S.K.: 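Shown below is the structure under consideration.
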Amino acid sequence: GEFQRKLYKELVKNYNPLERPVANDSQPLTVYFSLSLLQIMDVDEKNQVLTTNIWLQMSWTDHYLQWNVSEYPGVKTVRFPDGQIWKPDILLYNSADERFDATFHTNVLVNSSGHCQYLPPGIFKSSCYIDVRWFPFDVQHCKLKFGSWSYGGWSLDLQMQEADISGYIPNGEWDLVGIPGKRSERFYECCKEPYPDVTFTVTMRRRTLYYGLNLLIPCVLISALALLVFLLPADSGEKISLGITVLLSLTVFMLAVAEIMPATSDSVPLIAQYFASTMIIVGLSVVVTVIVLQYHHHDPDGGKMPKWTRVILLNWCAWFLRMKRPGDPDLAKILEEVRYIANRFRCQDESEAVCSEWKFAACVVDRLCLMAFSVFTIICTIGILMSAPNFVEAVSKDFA
Amino acid sequence: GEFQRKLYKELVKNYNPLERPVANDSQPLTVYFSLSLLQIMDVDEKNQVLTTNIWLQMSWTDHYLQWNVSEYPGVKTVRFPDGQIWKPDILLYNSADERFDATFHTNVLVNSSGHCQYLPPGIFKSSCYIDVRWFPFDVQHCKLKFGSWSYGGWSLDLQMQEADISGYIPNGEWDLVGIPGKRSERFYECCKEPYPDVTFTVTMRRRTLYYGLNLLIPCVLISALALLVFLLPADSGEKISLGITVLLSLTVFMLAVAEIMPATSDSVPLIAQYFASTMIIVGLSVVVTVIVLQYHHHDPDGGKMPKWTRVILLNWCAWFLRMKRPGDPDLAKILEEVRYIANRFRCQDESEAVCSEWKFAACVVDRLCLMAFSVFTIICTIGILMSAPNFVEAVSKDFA
Amino acid sequence: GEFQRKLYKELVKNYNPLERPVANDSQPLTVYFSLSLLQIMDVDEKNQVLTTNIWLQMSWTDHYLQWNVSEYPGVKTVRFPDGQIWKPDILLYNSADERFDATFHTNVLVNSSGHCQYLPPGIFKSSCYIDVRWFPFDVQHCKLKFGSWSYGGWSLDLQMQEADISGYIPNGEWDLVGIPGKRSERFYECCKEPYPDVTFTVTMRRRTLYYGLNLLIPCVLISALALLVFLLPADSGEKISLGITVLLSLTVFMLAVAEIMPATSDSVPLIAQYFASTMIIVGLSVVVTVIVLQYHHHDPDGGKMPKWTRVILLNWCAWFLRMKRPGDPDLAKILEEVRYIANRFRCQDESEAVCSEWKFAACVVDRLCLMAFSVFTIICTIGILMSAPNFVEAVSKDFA
Amino acid sequence: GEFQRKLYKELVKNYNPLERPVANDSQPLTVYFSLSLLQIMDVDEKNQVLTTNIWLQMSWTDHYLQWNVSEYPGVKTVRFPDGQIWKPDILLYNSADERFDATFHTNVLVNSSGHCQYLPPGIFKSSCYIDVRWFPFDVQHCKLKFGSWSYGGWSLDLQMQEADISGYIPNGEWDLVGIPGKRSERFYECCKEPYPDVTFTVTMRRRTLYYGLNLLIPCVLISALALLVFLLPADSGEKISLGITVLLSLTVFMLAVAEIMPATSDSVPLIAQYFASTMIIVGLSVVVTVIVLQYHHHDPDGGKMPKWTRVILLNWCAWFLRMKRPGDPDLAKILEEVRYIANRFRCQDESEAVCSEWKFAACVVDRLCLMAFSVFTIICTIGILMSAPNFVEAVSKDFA
Amino acid sequence: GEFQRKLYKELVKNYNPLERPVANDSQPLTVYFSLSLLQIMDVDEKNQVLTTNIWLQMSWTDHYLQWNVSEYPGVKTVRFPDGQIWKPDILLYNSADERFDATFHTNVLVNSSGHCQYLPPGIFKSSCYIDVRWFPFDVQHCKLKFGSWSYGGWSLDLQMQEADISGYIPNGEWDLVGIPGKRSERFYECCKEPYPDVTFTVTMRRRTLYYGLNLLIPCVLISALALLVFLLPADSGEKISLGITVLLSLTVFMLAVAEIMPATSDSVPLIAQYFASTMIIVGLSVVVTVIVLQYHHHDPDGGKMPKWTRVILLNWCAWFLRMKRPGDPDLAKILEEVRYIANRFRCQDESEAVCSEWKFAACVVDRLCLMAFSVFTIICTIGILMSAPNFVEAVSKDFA
Ligand SMILES: CN1CCC[C@H]1c1cccnc1
Ligand SMILES: CN1CCC[C@H]1c1cccnc1
Ligand SMILES: CN1CCC[C@H]1c1cccnc1
Ligand SMILES: CN1CCC[C@H]1c1cccnc1
């Protein structure tokens, strides 16, 4: 329209985009900075980066971009692109994006009274410290730090407004707790001018249903299946195969899991302690199986059992476990021949009885160690999962 | 030509690219926005992003870009590049691209009567929520939201035109159901001006031939092969090897499959429930194999078989399964010695008969558990695959 | 020089880069579009993208960029950068590149008679449909679609010149069959003006030496090694171990291979059918092994063999395979005692003979199934590899 | 304000951004270059690149950007964007980034006396040589080299200021030792003008907790578990299964670990020597197990054991290990028949005794080799981890 | 300075950046092109791309950028940025970078006599053909082709200068042999003007320490460990387990290695032939193990050992290997019963002797095949490693 064309022609006249738009130079310019979180697109524990889709919200009063609506009846707002009117250079301080500024420079709306608006979208990559000590039951506080890059306190009086999450779309992995902000004033070694900033802390809680179903449950099942070695009879040579192939499967699983975790050394992750406990339990099960097979394939001629181990393993554990404890010259010379055969058979029977007693001792050791291992693994897993704080509320919110 | 050069020289004179091209400022400018889907290049279930190749279509009437063809005999249309004539700043709201605007700014055609056209191509990355609950038999509704960024209802009267899929090239993985649109008016906390938008919902159905052939069928085959442990005779100490190696192979398969799935916690994926069922079946088969081997290698001196289990496992299951149930002083002193040898042989035969009865009990348990496991596996797989809606039509469209 | 400086000063005078350089506006401008393929740097079967290094070739006549060499003795050509003289906006329609235009805008040569040249290089990512039905013996026809984006038939009369492959450097994976093209005229729903285009079809044949050596040969070898179970005597407890560890190795191999193939559902890949055949063969090998072990470890007291299976497996298969078929009162009291011992030995010998006959039946079953499985594997692999068209010429060109 | 607008209008007048801002052309311009490290975001051992988030700090005196505050009462500092005032072209020489300059060009503050400030942020990818010889106990010295690209010693007198690490945020993997620098003057083959530069050496020590917990400890555990083959009795045919499955698990572990190390050939990494030692230990354990099984399954009819090995293995090793060393015509016809049976039994017993002696020799060899292997593996691991310098202080700082 | 400002103001006056800076238009402009290699940052065998960090060096005489130092006492050189003075459009022809030009356009120094310098840095991605036939002992000749894109021979007389490698930093993987260049003149189909170019061949030799320590040595070790199956006594059912687990480990290793090689079909890589030999050796070892177990578990009643195999395997191989070759009515009725028992024992002894002879034949076959396999493996590995040229000098340079 003619009025809009005239207004645009007269508005840009004698206008310097570099100049700070204030009537009095000494007075600082008030800028209201806010944020509009839309989606936590991705968080990278390994890379310690947080990818978010947010809309920055900036607003300030421009002294030069004013006009009377009476002379321009139809024109109420005007929009200027990048590089034609003054804009605050508000950057994300802790940015992990290859280009330090990830905003998409859009137009700037202008009141009929000089008030300006600026909502540049963009996907921000911020380097936030991520705790995996309580993985997967961890809550994260990733900070977004915004502030003017080259204007100080006396120039650009930055002000905070509450972050808006009305348009936030829920993420399938992270539950948002809140996004509070805090306005802080910080000095710098360059200059004697404070540089105010606005810091937004994105507190988000990880939803642990997928991790509990795909990481914790399979390890519980495989560890419990490793205890089956203590039910296999030793006569079938499959105990070591069972134990060691279970160990190999656990090795593959733990390798795949560790493929996705940060190489941080601040503390031992909860899942790392859990996997260490499972590995130790399986290894000690294999060691006990080796001991049991030593006690089972014990040659009777090797030597008599020690009295102490004999009495304890055949009395105390049996009482505890309620196990059942098993149990003319030609004529004379033929007689002595049959005597040799019969005595050989009797000696064979005695050796067989000794070996059977050794086998029973192996079985008793096996059963007692099965009970001990089952109790220990249950107690250890329960304790490890109890140790994580907010674990009960994570369970209540996800599973229940 | 001379006429075209004169027209270009005169048309740009006193033209402001910022001004909205309307004759009456109060009246809003009508913009007809459409879309031309060409190809669904990629969808990322893990990243919850949808990559599409589309041509945006905008059209509006420009009051200033008008001329009489009589004075320019050969010139019917003119073309302006980016930044020289007014263009709507129609952006994809839910964009997951590193740069928020993925369009390639092309030329802009103009009528001889002022009507304008604008078809900027580009590959758009939009963050759409992806449901894996019914994976791989899921239908996806990924939304594309377009609307002016700085112009409200009273400024840019955005309108919807039906999406064009004439040039759409079929994708090898996803079957397009449709791309309907909906024009909605939404308020914002910034301003008291409604901002109309156009939302296109891309309804896509996944073609399940590849997934059924490469994920489901191998699991059915391996789970069925795990049941072979219940046909191996216990004498060959290989049952545990069979079952455990099958479990390890399934572990590798499920790990590789889960490598491609999003870490969402809204619901348990169908294939996740299926894998859980297969893992449980294999583990229970291994447990039953351990019990069977306990029954097989039962020492006759350990104790008499309990009356209840004896009667049930030797009468009821045998009747059910129709199994066959098997079955001077020198002379006298030599006599008593040969009596000893024969009595030893008779006791050995009695112990052998008891052990054989134990072995038959183990075989009966093994056979009945084979039948139970086969029936349970078939029923569970059929039910899980039935639970997915549109499974029947997916099968009919893909396989048949 | 002075002449060149004067020519450049006078040439740009009253020159509009937007204007189409024609003397008569009504007549269209003839543009000769060609292409110079140099290297097929990459083709992504999984992503359905083709990455090529090509030089576009454009040529047209400028009415305004003309001068007389007499007044400029030294100057024969002039060069203009991007954005200073008119250039056709010829884009790759089916572009899968993040930026829709991948050309590198270079200088533009000009005749002394107005003729123009333009050879912008660039690496083009085009989305071409890729058939893996005959993989790895497949030939691919990936299309490149070029045409003016905003000029119609009456404005830019696009013409075609044959593609140049003189400078093409051979690829180590793909053998170029040819790059023919076709110039087509297509209408659009926007406008009543046809838009001519030039489509180049890149027909390339995959060289199958690497794939045959690294995928097909190892699977033949592993499948053949799986048949060794039918030579292992059943006395050594290793048959299921062999079969199932071969199955696990094939599982790893097929997983690694399937990691590289697209998730298309148009048809079952040839290598997919081949792997399915190998998996079925190994699975049935394990099943037959379980059957043979059932036959081998058959208790003699379990029951007499069925007459039909006895006669067939001990006569017909033996004849076929030419197998060798194996085979005072004290005196009376001692008499009856030794009679008992010898009768027990005779019964033991009878049971041993029955069990040995069962073992021979198992051996005969094993041998006949070995012959059947070897024949079936050879026939199936030969048929599957024969089914692929141009397989014989692929072999002749690669191996021979 | 009016004063700010007048100052900006008058300051840019007759200003040339290309000109070096010095009053006397002959005198060089002093530029103070510093650095502000904030975070070592990522280091890539495989790619030999270091990714850091740093703020360059440059400052110089501009002769033309001076004004009297008396005439501009409110204006104390002014800010210019990129391309409008002279800036030093200080580039990172050893840059491994796709674009050689990774800085984000921000504004430049200016004193009321001409002093200028410039703190452009950016994420810098520098190619630093990385030593993996002492991995994971290595300390890295990655260099950052900065200097003017086109200004020599007589033009831009580059000067140094100490690097600032007040704002440094600790990294979860690398402990910063310090960031000292050195200012060096270097000639070039192009020109006879020295080019001063500022080189900052980023000395960082790797925190070892995660690597020791996830790489070293599992290898210790698996190697120790491989020694259990020397406790399993040879009667249970599971020794080779144990050894070879442990070897396969170690193969998987070493493959996964070697996936993350560079293909560096200056020296053998410490973890590489460690894995080589573990592989040798496991392989030699398998070889010794094969020898032990040869000794155990020695047919008595094969031949008498050599006198030398007999005496040593049954006297010296027994003394060392304190092992218990185990241990009418009708009447005549029946007579000689029973004589035959008893003589057969006696010969059988003699052969059994010889085989038992062979088995005891195998057991003694097995035990002595167990002791030798345990001692050797402990000594080798201890020595390898001792060989790394600063290992003790790394352990003290991380674990303790 | 005032002199510098005046010089810059006067120099740009009547200066056209498009014009070629020559006094006489007819004579070509001489441009001296060189290169300064700094680091071979990365080479991609799979992608056939070479990533280098180089500084292009260009120099030419500008007729217009001349001044007398007498009138400008302090000004000796001036610097112009991109787009303000003429620069050769020298591009890397065989560029594989997404943007065809990877240079970073820096400033451009100028003499006081008109001579000009230009050293743009940048990381260049070039598509160079990579031979993996002799991998890992291969030497690579990757070409970099530079030349003016738009200027021909009569316009821009491109000239060569020797490449500079004084600042080259050694790479941890590739040993640089040299970077010779060659200036060639090549015609094009577009134009009748030759286009001179400068081609630099980067000859680099791969350092084989890491590859020989992580790829070759483990394969030698695993292949040698596969031969242990020929020392295991057949009585312990672990031969097939050993051989097949070794084969599975080799499968995993070869899959991981083949993950990193190009899918080229020009020729079979040396490491591929090596892996084929190892796989064949292991598979044939498994086949021979199956044959040995057939010979060992040969029932005596199947049939007499054939005369030919009997004589050869019990005489010739025994002589070769020097193996030890092992070895009233009541009375009469009781008599005949004991005769039956004794005859049964004698027949059992004869069958045992026949079985022992079969076992000895199996042992003889096993030992001879062990010797054959060891010799064949050593010979094949030595020959394959010898076949690669420059292998001896690669070993001398890396290991020694
Ligand atoms: C607060 N600003 C942003 C970081 C440092 C500081 C600053 C100070 C002076 C010039 N540039 C930047
Ligand atoms: C609808 N627009 C796009 C998102 C917010 C809104 C807006 C309003 C005012 C200034 N910028 C953006
Ligand atoms: C052929 N052109 C390229 C694709 C669509 C078509 C077109 C028509 C009108 C305006 N822009 C584009
Ligand atoms: C040598 N130049 C580079 C490749 C082709 C040739 C050329 C010729 C004319 C116009 N542009 C490029």
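We name chains A, B, ... by the order of the sequence lines, and we start the count at 1 in each one. Whatever order the structure lists them in is the order used to number ligands and atoms, beginning at 1.
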S.K.: In this PDB structure, which macromolecule forms the chief contact with ligand 2, named as in the PDB entry?
M.R.: Neuronal acetylcholine receptor subunit alpha-7
S.K.: Looking at ligand 2, what drug do we find there?
M.R.: (S)-(-)-nicotine
S.K.: List the other chains that have a heavy atom under 4.0 Å from (S)-(-)-nicotine (ligand 2).
M.R.: A, B
S.K.: Identify which residues UniProt lists as binding Ca(2+) in chain B have a non-hydrogen atom closer than 4.0 Å to (S)-(-)-nicotine (ligand 2).
M.R.: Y188(B)
S.K.: Got any other ligands or ions under 4.0 Å from (S)-(-)-nicotine (ligand 2)?
M.R.: none
S.K.: Where, taxonomically, does chain B originate according to the PDB?
M.R.: Homo sapiens
S.K.: Is any transmembrane segment of chain B, as UniProt numbers them from the N terminus, within less than 4.0 Å of (S)-(-)-nicotine (ligand 2) by heavy atom, and which?
M.R.: none
S.K.: Hey, could you tell me which residues sit within 4.0 Å of (S)-(-)-nicotine (ligand 2)? Heavy atoms only, please.
M.R.: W55(A), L109(A), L119(A), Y93(B), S148(B), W149(B), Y188(B), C190(B), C191(B), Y195(B)
